[PDB]
Amino acid sequence: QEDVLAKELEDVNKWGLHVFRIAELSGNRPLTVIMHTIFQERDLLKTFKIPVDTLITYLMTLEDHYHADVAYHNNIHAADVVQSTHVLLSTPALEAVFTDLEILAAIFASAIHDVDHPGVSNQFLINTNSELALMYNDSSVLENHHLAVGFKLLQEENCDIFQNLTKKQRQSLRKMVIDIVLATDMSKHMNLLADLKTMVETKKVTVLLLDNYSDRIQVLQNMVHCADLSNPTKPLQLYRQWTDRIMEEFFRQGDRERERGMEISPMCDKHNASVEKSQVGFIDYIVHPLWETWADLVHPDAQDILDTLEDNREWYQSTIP
Ligand SMILES: COc1ccc([C@H]2CNC(=O)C2)cc1OC1CCCC1
Ligand SMILES: [Mg+2]
Ligand SMILES: [Zn+2]
C-alpha cells in the first residue's frame, strides 16, 4: 500500500493528480503526505530549517481540524488546492519571480485556507445569527476563522514549523498568508479579477516582471483563488467527483434552511435543482473569465488547462438537451 502511494505521489508536479486515490492510500492523510512531498520537492525543510517531526506533527494536527463529515470543504479539498498552487507556482512564466518566503506563504496559505469549515456558507452563517458571524461582524466570516485556526495550531506541542524563521520573516509571512486567505472569500472575486485584468493589460516581460511587492501579493492572491476554483479545469473523472461533493454540501445546507423555515438558497434545494445548468453557469460567469485571464498572464503556459476547462464546459452543456 505504501509502494502504491509512493507511485501516485510521483505525479505531484502534474495537473490532474489522483488526489482521491492518495486520500485512500495514505489512510485519510492526503493533506499531510502531499504537503510533506511538496516541502521535500522544493527543499523547504532545509531552506527554513524545519524539523521533519515538527512539520508532520503540525500537518496531522491541521488535517484533524478539517471536518470528516463535510462532503467538499474537507482535507481532500485542502490537499488539492495545495497541490494545484504548487503546480501554478512552477509555471515557466513565473520562474525566479517569487522569493522562497513568498512560495512558503502561498503553499501554507493553501493548506490552511478552509480549516474547520462547517460545510455552510458565509451568507448562511450571517442569516442564522451564528457564533462565527457575531465574532467576525459579518465580514469574511469563514476566512477569518480559517486563518485564526491555522495560526493558533502552530502553538501546539512541537507544531511551530516557523520556529527557525527570523522575526522579520515571521512578520512578513503572517501578513502574506492573511492577505492570501482573505482573498479566497468568494465575495471578493469580482474585485480580484478586475485587478488581475489590469495586470495583464500592463504586463511587462523578459518571464513576468513583478518588481513591485503589491503586484506580487496580488498575483499570489489570484493564484490561490484559481487553485481554489480549479475543479472544472481538471480531468472529467475528477471534476465530476467534486461536483457530486459540492452538491451534497449545498443540499445539506438547504435541508437546514428548510427545517428553519428559511428560504432555500440558490442551488441548495434537492427538490428543485439543475446540477448541469448550474455547472455551465458557474464556468461561464466565474471560472472561465478567471482562468482565461490567468492564462493570458502566463501565456501560453496554461493553454492545456484552459482547453480542459472548455472541453468540460461543452460536456456538461451537452447533457442538458
Ligand atoms: C464543482 O463546483 C464548485 C466548486 C467550488 C465552488 C466554490 C464557490 N462556492 C463554494 O461553496 C465553493 C462552487 C462550485 O459549484 C457551485 C456553483 C454551482 C453549484 C456549486
Ligand atoms: Mg474557502
Ligand atoms: Zn476552498
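Starting from 1, each residue takes its place in the sequence as its number. Order of listing sets the numbers, starting from 1, for every ligand and every atom in it. Determined by X-ray crystallography, 1.6 Å, according to the entry header.
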Compound at ligand 1; choices amitriptyline, rolipram, ramelteon, sulthiame: rolipram
Bound partner of rolipram, most contacts, as in UniProt: 3',5'-cyclic-AMP phosphodiesterase 4D
Nearest option to atom 4 (C) of rolipram, as decided by whichever heavy atom of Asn231, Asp114, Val275 sits closest: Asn231
Interfacing atoms of rolipram (cut-off 4.0 Å, heavy-atom, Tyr72): 4 (C), 5 (C)
Top protein contact for atom 20 (C) of rolipram, by heavy-atom distance: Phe250 CE2, 3.1 Å
Which one of the active-site residues that UniProt assigns to chain A is nearest rolipram, with the shortest heavy-atom distance given to 1 Å? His73, 4 Å
Could you tell me which residues in chain A that UniProt says bind 3',5'-cyclic AMP have heavy atoms under 4.0 Å from rolipram? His73, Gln279, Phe282
For atom 14 (C) of rolipram, grab the closest protein heavy atom and report residue, atom and distance to one decimal in Å. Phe282 CE2, 3.5 Å
Please work out which of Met247, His77, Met267 has its closest non-hydrogen atom nearest to atom 18 (C) of rolipram. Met267
Which UniProt Mg(2+)-binding positions in chain A have any non-hydrogen atom closer than 4.0 Å to rolipram? none
Would you mind checking which non-hydrogen protein atom is closest to atom 10 (C) of rolipram, with the distance to 0.1 Å? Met186 CE, 4.0 Å
Is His73 in contact with rolipram, taking contact as a heavy-atom separation below 4.0 Å? yes
Any idea which UniProt domain of chain A makes up most of the interface with rolipram? PDEase
Record the part of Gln279 in heavy-atom contact with rolipram below 4.0 Å; permitted values are side chain, backbone, both and neither. side chain
Which residue and atom does the covalent bond from rolipram terminate on, if one is modeled? none
Which residues are in the binding site of rolipram, using 4.0 Å as the heavy-atom cut-off? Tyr72, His73, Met186, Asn231, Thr243, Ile246, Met247, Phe250, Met267, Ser278, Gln279, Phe282
List of N/O pairs, rolipram versus protein, all under 3.5 Å?
| unit_1 | atom_1 | unit_2 | atom_2 | d |
| --- | --- | --- | --- | --- |
| rolipram | 2 (O) | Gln279 | NE2 | 3.3 |

